[PDB]
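Zinc metalloproteinase-disintegrin-like VAP2B, liganded with GM6001.
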Amino acid sequence: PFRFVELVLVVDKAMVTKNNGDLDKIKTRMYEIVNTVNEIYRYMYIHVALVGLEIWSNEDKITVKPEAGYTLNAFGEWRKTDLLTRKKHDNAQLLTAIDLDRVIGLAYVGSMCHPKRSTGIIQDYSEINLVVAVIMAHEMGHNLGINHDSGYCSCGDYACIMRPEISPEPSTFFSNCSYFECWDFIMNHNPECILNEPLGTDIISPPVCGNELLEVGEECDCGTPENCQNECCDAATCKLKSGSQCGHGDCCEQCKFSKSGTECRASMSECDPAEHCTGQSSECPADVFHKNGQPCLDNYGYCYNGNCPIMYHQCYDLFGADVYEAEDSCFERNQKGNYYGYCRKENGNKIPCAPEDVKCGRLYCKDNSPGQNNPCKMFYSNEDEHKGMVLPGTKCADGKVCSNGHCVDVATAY
Ligand SMILES: *[C@@H]1O[C@H](CO)[C@@H](O[C@@H]2O[C@H](CO)[C@@H](O[C@@H]3O[C@H](CO)[C@@H](O[C@@H]4O[C@H](CO)[C@@H](O)[C@H](O)[C@H]4NC(C)=O)[C@H](O[C@H]4O[C@H](CO)[C@@H](O)[C@H](O)[C@@H]4O)[C@@H]3O)[C@H](O)[C@H]2NC(C)=O)[C@H](O)[C@H]1NC(C)=O
Ligand SMILES: CNC(=O)[C@H](Cc1c[nH]c2ccccc12)NC(=O)[C@@H](CC(=O)NO)CC(C)C
Ligand SMILES: [Ca+2]
Ligand SMILES: [Ca+2]
Ligand SMILES: [Ca+2]
Ligand SMILES: [Zn+2]
């Protein structure tokens with residue numbers, strides 16, 4: 001029912017200096033602001049939990065400029081190439097003491113989970129936590145596909161989060177328009193990364209019994225006594241009550257452990273073993289995938305992150321029925337290094353495929369659907385040039401798979 005946003009916050013040098021190096025103080029503000037953001041989103045069926053906090057107390061890792069567009073793009077690039085590679089999380093917001101030009105916050109729209117664009121920047125505009133929490137909820141809202149309110153959009157007799165300007169007496173309410181646009185985005189784009197529920201040990205803020213997030217030291221958390229609908233839990237204490245072996249988890253049914261063997265996470269493919277309940281625990285074991293490189297689909301592919309990517313299926317997903325892998329000759333076009341025919345990008349440049357890597361650039365399919373005859377059909381859209389490119393891990397020859405635009409021996413690929 002609820003979606004979860006595992007948030008990482010970054011605090012710039014200017015803000016550290018502004019708080020005269022008091023990291024405990026900065027950390028406390030962050031915990032406070034996120035706690036309020038989580039409360040704001042309850043109405044949206046979304047939980048927000050702080051899973052990481054990076055404080056640039058020495059030097060900023062990007063150049064933080066007043067031009068918000070430059071700063072957000074630089075922060076997004078840094079998150080994609082640095083942070084995200086060493087820290088799993090769904091969204092990151094940069095807090096800065098710099099006075100950004102024209103705005104007090106900025107964020108990409110409908111980008112939740114995107115490696116670069118699931119970001120936003122927030123100006124430490126006020127010492128009042130509720131105020132910065134509103135800015136944060138607003139920027140994250142954009143990330144969740146929400147645009148500014150207007151017209152008949154209403155959130156009652158209060159100043160709504162998504163108004164284009166911040167109110168001097170800000171409320172914690174989202175308008176009805178925000179609610180529908182956010183869920184329209186989730187349902188039509190289904191950002192997969194916000195589906196999992198973070199483990200208590202993943203959350204770094206001090207535990208709060210009643211924030212609807214299961215944390216270290218709690219048996220259960222179902223919000224305030226008023227809101228709690230978990231018959232397995234005593235809201236005020238976050239302790240189990242009545243005939244309850246458990247009050248949370250995919251392996252907890254009616255407050256009791258699901259019997260051993262009960263499937264709790266379905267298999268995506270032969271490369272993804274299903275996980276089952278132990279019968280003595282309330283949680284589903286962590287998701288296990290078989291080793292990458294393992295032969296799959298009767299030797300037409302090799303495993304890659306729980307799936308078995310093969311050209312046939314990619315042609316099907318892109319073009320529908322009656323479309324198959326094209327003849328080898330079609331892939332030679334990947335040596336052109338033109339707008340669609342290349343193997344990868346370097347510093348934004350499109351790099352032609354070396355002859356041995358042609359099967360790992362743009363994918364070409366033979367189209368024999370009704371009334372069609374296109375032996376070398378490919379998919380190219382400048383909305384996202386990567387769509388249509390051969391998927392990483394795809395079998396490109398007997399004993400070979402694609403890895404970074406290169407067709408390499410599968411035995412040494414992983
Ligand atoms: C969020 O929640 C809020 C609740 O607070 C919702 O607000 C409501 O939005 C409705 C539109 O989605 C509004 O309805 C419109 O109201 C106007 C004004 O009353 C109507 O215009 C008048 O229509 C009558 C006859 O129906 C005419 O005699 C008048 O001449 C019209 N007045 C003028 C100057 O235009 C609207 O009707 C017109 O447009 C429709 C097409 O949409 C058409 O079919 C009609 O023939 C007519 O031309 C329309 O009914 C509500 O007024 C508004 N409520 C409040 C309290 O403001 C909001 O929709 C929610 N949004 C979301 C995203 O959920
Ligand atoms: C004190 N500063 C403000 O309130 C200005 C006001 C404003 C209204 N229309 C504009 C068009 C361009 C630049 C600024 C404005 N707004 C902002 O900083 C908002 C920018 C925004 O929408 N970020 O996603 C974020 C804020 C609401 C939290
Ligand atoms: Ca997540
Ligand atoms: Ca809790
Ligand atoms: Ca699994
Ligand atoms: Zn905005």
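Residues: numbered from 1 along the sequence shown. Note that ligands are numbered from 1 as they come in the structure, with each ligand's atoms numbered from 1 the same way. We use all heavy atoms of the structure for the numbers below, so side chains are in, but hydrogens, waters and symmetry mates are not. Looking at the header, which is where the method is noted, we find X-ray crystallography, 2.2 Å.
- All instances of GM6001 together account for ligand 2.
- Under 4.0 Å from GM6001 lie these other ligands or ions: ligand 6 (zinc ion).
- Atom 8 (C) of GM6001 has as its closest protein heavy atom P164 O, 3.2 Å.
- Set against the non-hydrogen atoms of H142, the atoms of GM6001 under 4.0 Å away are 22 (O), 24 (O).
- Those atoms of GM6001 that come under 4.0 Å of a heavy atom in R102, given as number and element, are 13 (C), 14 (C).
- Taking UniProt's list of Zn(2+)-binding residues in chain A, a heavy atom lies under 4.0 Å from GM6001 for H138, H142, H148.
- Scanning all protein heavy atoms for the shortest distance to atom 18 (O) of GM6001 gives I104 N, 2.8 Å.
- Which parts of GM6001 touch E139 is read off a 4.0 Å heavy-atom cut-off, strictly below it: atoms 23 (N), 24 (O), 25 (C).
- From the protein, the heavy atom lying nearest to atom 21 (C) of GM6001 is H138 NE2, 3.6 Å.
- The nearest protein heavy atom to atom 11 (C) of GM6001 is not closer than 4.0 Å.
- Scanning the protein for heavy atoms near atom 22 (O) of GM6001, the closest one is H148 NE2, 2.7 Å.
- Interface atoms of GM6001 facing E165, defined by a heavy-atom separation under 4.0 Å, are 4 (O), 6 (C), 27 (C).
- Nearest non-hydrogen protein atom to atom 20 (C) of GM6001 is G105 O, 3.6 Å.
- Set against the non-hydrogen atoms of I166, the atoms of GM6001 under 4.0 Å away are 4 (O), 27 (C).
- The nearest UniProt-listed active-site residue of chain A with respect to GM6001, heavy-atom distance given to 1 Å, is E139, 3 Å.
- Counting heavy atoms under 4.0 Å, the binding site of GM6001 comprises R102, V103, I104, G105, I135, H138, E139, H142, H148, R163, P164, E165, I166.
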